[PDB]
Amino acid sequence: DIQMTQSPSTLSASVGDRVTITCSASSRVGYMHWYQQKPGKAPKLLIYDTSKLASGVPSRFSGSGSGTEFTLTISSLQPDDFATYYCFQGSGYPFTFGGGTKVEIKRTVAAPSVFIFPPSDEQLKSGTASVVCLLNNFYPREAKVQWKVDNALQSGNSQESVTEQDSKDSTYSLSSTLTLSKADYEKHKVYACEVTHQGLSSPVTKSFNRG
Amino acid sequence: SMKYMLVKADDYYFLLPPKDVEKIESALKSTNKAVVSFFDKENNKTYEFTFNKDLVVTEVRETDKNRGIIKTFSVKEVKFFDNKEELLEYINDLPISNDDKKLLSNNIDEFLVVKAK
Amino acid sequence: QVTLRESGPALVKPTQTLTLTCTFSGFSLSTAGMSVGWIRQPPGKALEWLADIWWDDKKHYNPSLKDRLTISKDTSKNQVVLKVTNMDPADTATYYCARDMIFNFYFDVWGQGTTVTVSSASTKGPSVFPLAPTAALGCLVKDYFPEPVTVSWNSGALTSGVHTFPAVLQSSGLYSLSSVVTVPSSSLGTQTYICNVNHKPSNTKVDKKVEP
Ligand SMILES: [K+]
Ligand SMILES: [K+]
Ligand SMILES: [K+]
């Protein structure tokens, strides 16, 4: 059984950098094969037979290696190259992949644009309030969203979902949902969203008043 | 129309490309016995094959640079193929590695030597 | 080109048997050298090869899914079937079929993949609520099971600024996600904005108009 250790596990490089990923096999292998998987999508064959470019793959990608040591290289890293990369062997059953390598693009810092949405009347009819907070496009990925109801910090009643790195401007997006009952929601007036980000010199708060 | 040939001697398999097979077919139309030399590019080894008029191989041997014998093999099996497909089906059932099946499938043209697994 | 598409259930009760179907085109599993294999990927884990079949009717399986894998082919129907018995939550994954060749022991073309969740819970369609308002607006797809859900904007004519966030699993046991888009603030009240929500596991299709 041929096992394969991929390295590094995670990598952040600027656009134009030269990215190198290494695959170390547990035994000698005739050829190494490389795949690129954007998130939620299916793998795409990048390099085959150790050093052969698949048809339609940019010349920026190349591969090298022999025996138990193989490498995948990106000459000029482009924003669309955000993905997870996998080394694959077909030299022996069972076919095995590598652990994968997450390649994140580093760019200049950008501040989040904050929007707040009150719960729709339709959802209020059914007795549940969902207040949503959008952080839109920002870099880096790290950000703090604090929910405030009548100036009271909320905890345990919110869930956030961050988007995968955008394959065009290398930014992220965050969405925070604060779920309250219709009884609790209609007992408070001001609903606020406080956002702390590196690109923000001071925390930005967007809010609304019921009605 | 073409003829593919696969020869198992000792525990090695030898793939004989059509073009060479046709040359032997013509030579045996005019003579009774043929001794053909085959160059293995990958391993840089030379082998002399002896065919009878029925195109079975009588003896297989490894040669030097002055047509000299280094090792003699015992022919175990000889198999002929009318098209590439039947050859591919045999290769997939051969006791060789996927790296060897990959070689034989992509290089019908060259004299190829692979080992039993 | 060469196309492969997988099909099967999005929900499988535990200990039951999963049946997936890969329908391909652009090639024949009767042509020599041709092969088709199955590969799966649990949420946020590495790819694991499962099985493959060849034109010569030879079949290989991953020794880890022992006594649980069975693969067959119908060359007339141009499809391959994979059967996995005794389904279990650890088998929740996106399942992918792909083409292989004796000429190249690698998968050159893949299917889009089908998500399969092993759960005792039943299917629940989503409820879509508007995120009314450069301005941002959106749609709140809430309380659905199982994954996936697809959200389009104006039948794909609107693509810029659209963000469909990954789904979050609420305490209820149901999934929820939001889909927003940033548009010129002046286009509100003048341009129509409709989100096209689709939850195939529940055969639910909703087109909600978002308005100020
Ligand atoms: K990883
Ligand atoms: K014999
Ligand atoms: K069949």
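In the text below, chain A, chain B and the rest are named by the order of the sequence lines, each starting its count at 1. Keep in mind that the numbers below use all heavy atoms, side chains included, and drop hydrogens, waters and symmetry copies.
The PDB lists the drug found at chains A and C under the name motavizumab. Ranked by contacts, the chain bound most extensively to motavizumab (chains A and C) is, in the PDB entry, RSVF-multi-epitope designed scaffold.
The heavy-atom epitope of motavizumab (chains A and C) on chain B, at a cut-off of 4.5 Å, is B:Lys84, B:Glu85, B:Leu88, B:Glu89, B:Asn92, B:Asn98, B:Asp99, B:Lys101, B:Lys102, B:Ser105, B:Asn106. At a heavy-atom cut-off of 4.5 Å, contacts from motavizumab (chains A and C) to chain B involve A:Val29, A:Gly30, A:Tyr31, A:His33, A:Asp49, A:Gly90, A:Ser91, A:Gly92, A:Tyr93, A:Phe95, C:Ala32, C:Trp54, C:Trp55, C:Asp56, C:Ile102, C:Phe103, C:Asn104, C:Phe105, C:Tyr106. Name recorded for chain A in the entry: Motavizumab Fab light chain.
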